[PDB]
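Some notes on the structure that comes next.
The sequence lines are lettered as chains in the order written, beginning with A. Chain A is numbered as in the PDB entry, which gives 10-124 for the residues shown. Chain B is numbered as in the PDB entry; shown residues: 10-125, in order. Chain C is numbered as in the PDB entry; the shown residues are, in order, 10-125. All chain D residue numbers match the PDB entry; in order, they span 10-124. One-based numbering, in listed order, for ligands and for the atoms of each. Worth knowing before you read on, the calculation uses all heavy atoms, side chains too, and leaves out hydrogens, waters and symmetry mates. Method of determination (from the header): X-ray crystallography, 2.1 Å.
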Amino acid sequence: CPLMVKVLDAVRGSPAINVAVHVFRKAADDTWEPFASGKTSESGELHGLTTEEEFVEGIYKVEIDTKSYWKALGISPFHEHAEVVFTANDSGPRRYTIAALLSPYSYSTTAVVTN
Amino acid sequence: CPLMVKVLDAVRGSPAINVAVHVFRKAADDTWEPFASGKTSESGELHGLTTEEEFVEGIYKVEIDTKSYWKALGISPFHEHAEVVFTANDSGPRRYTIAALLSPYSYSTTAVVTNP
Amino acid sequence: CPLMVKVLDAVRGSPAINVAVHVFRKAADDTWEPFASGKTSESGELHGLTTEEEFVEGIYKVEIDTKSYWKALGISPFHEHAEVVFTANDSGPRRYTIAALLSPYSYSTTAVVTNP
Amino acid sequence: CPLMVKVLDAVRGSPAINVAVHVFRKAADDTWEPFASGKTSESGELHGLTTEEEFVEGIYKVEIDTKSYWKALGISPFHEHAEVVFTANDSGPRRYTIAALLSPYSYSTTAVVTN
Ligand SMILES: Cc1ccc(Nc2c(F)cccc2Cl)c(CC(=O)O)c1
Ligand SMILES: Cc1ccc(Nc2c(F)cccc2Cl)c(CC(=O)O)c1
């Protein structure tokens, strides 16, 4: 599991469950090609997005549909989503955990890059 | 100004100065049209990106070039940028301050939205 | 002023107004002496807590009463407060802006430290 | 495991390993009584701090020695520590994860409160 997305709801202090997450790889022509997606689970985590073979170096965008999450909860959000764009380098072995800490008018996203 | 971007360096506890900021607006055909861009100043602020006439409703994307920032300070950061995509002025004109707090592997983007 | 506290409500995307802020300084005997306190204003800022004469080196604690804040808005928040403990003016006088970004279960405290 | 502290280093995008964490319970006289402590592990996590029986309602302070962590890395930090003070309520069953996302001049701390 080279890439795991973790989403936390900073309003309820809970994992942000059932949050749509799309991953995209930047194609040569600078457009985003859908690559992987899922919904975060009960634990706010989205595993099994990609695999080691698939997850090659490149520029990836993780788009977290924070807005539907806030809509589902009835809280007016500021952002359309949360959108983590980063270069997977893979110079040494890497797991990437992208943790998005979400508030209606603020989000934080952190990469915990290990191995 | 209706749109202000502020950027802090959470490593140096400083304003993040000379950070490139690009603002786009989603056009009718769902492309991003270049809307405005600028550098944060010596206070980490980027004022005057736009005006209350120009800053109509729409979805805007603010791409703060955090990578060049960290790179110029010798850091290889995780993200290519800090993004902020939001619907602006949906229930009439607002002032938006987008505050981006930057660390090499984490950033936070907050909006202070006030009713002028 | 050498010490400014700014507090944002990340739920409402607003300044967090009328937030009680208490500043303490660690005395010789390692107790916290009350140093200064105030409310954030209508801009979420608390200026004039102290002066450059009064704001000597030491360890200071800033306790931002985030709980009363969230409680007055009907929210049961997680933390009793947002704290900031820091050594101030160790290598001469600095201006400190403490920016506290508040959510009911998360807060972030950042310092913008500039050399006047 | 009613209370788990997770510390992330936002500069290196790694778990913050070997970070001293002290937990205190507010005593009746308003002083902090040491209750539990540990060092975060390799995964940035500090488990086994307390137990269900021990972790009664009360006001707790989690003090994270962020400053020694930054010193160990040679980066001048702003804060003396990170200090999470909160009321354990236990109205329904709760695990508390206190995640501290640490930068030299910024920290974020979030409670993920589940069950
Ligand atoms: C009411 C208010 C809220 C937030 C900010 N900016 C800000 C922020 F939103 C997060 C971290 C640091 C800073 Cl400086 C500011 C601008 C400032 O005075 O630094 C004002
Ligand atoms: C239940 C839970 C809550 C939060 C986190 N992690 C986390 C993190 F890894 C970075 C920044 C904030 C947070 Cl909250 C985690 C750990 C993770 O799976 O990365 C678990």
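What sits at ligand 1 is the drug lumiracoxib. Against lumiracoxib (ligand 1), the chain with more heavy-atom contacts than any other is given by UniProt as Transthyretin.
At a heavy-atom cut-off of 4.0 Å, other chains contacting lumiracoxib (ligand 1): B, C. If you number the atoms of lumiracoxib (ligand 1) from 1 as listed, the ones under 4.0 Å from a heavy atom of B:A108 come out as 8 (C), 9 (F). Between atom 5 (C) of lumiracoxib (ligand 1) and the options B:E54, C:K15, C:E51, the minimum heavy-atom separation is to C:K15. Among all protein heavy atoms, the one lying closest to atom 4 (C) of lumiracoxib (ligand 1) is C:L17 CD2, 2.7 Å. The backbone of C:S52, and not its side chain, has at least one atom closer than 4.0 Å to an atom of lumiracoxib (ligand 1) (non-hydrogen atoms only; backbone = N, CA, C, O). Here is the list of lumiracoxib (ligand 1) atoms found below 4.0 Å of a heavy atom in C:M13: 18 (O). Within a heavy-atom distance under 4.0 Å, lumiracoxib (ligand 1) reaches the following UniProt L-thyroxine-binding residues of chain C: C:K15, C:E54. The source field of the entry for chain C reads Homo sapiens. In this structure, C:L110 does not count as a contact residue of lumiracoxib (ligand 1), since none of its heavy atoms falls inside 4.0 Å of the ligand.
Under a 4.0 Å non-hydrogen cut-off, the residues that form the binding site of lumiracoxib (ligand 1) are B:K15, B:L17, B:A108, C:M13, C:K15, C:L17, C:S52, C:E54, C:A108.
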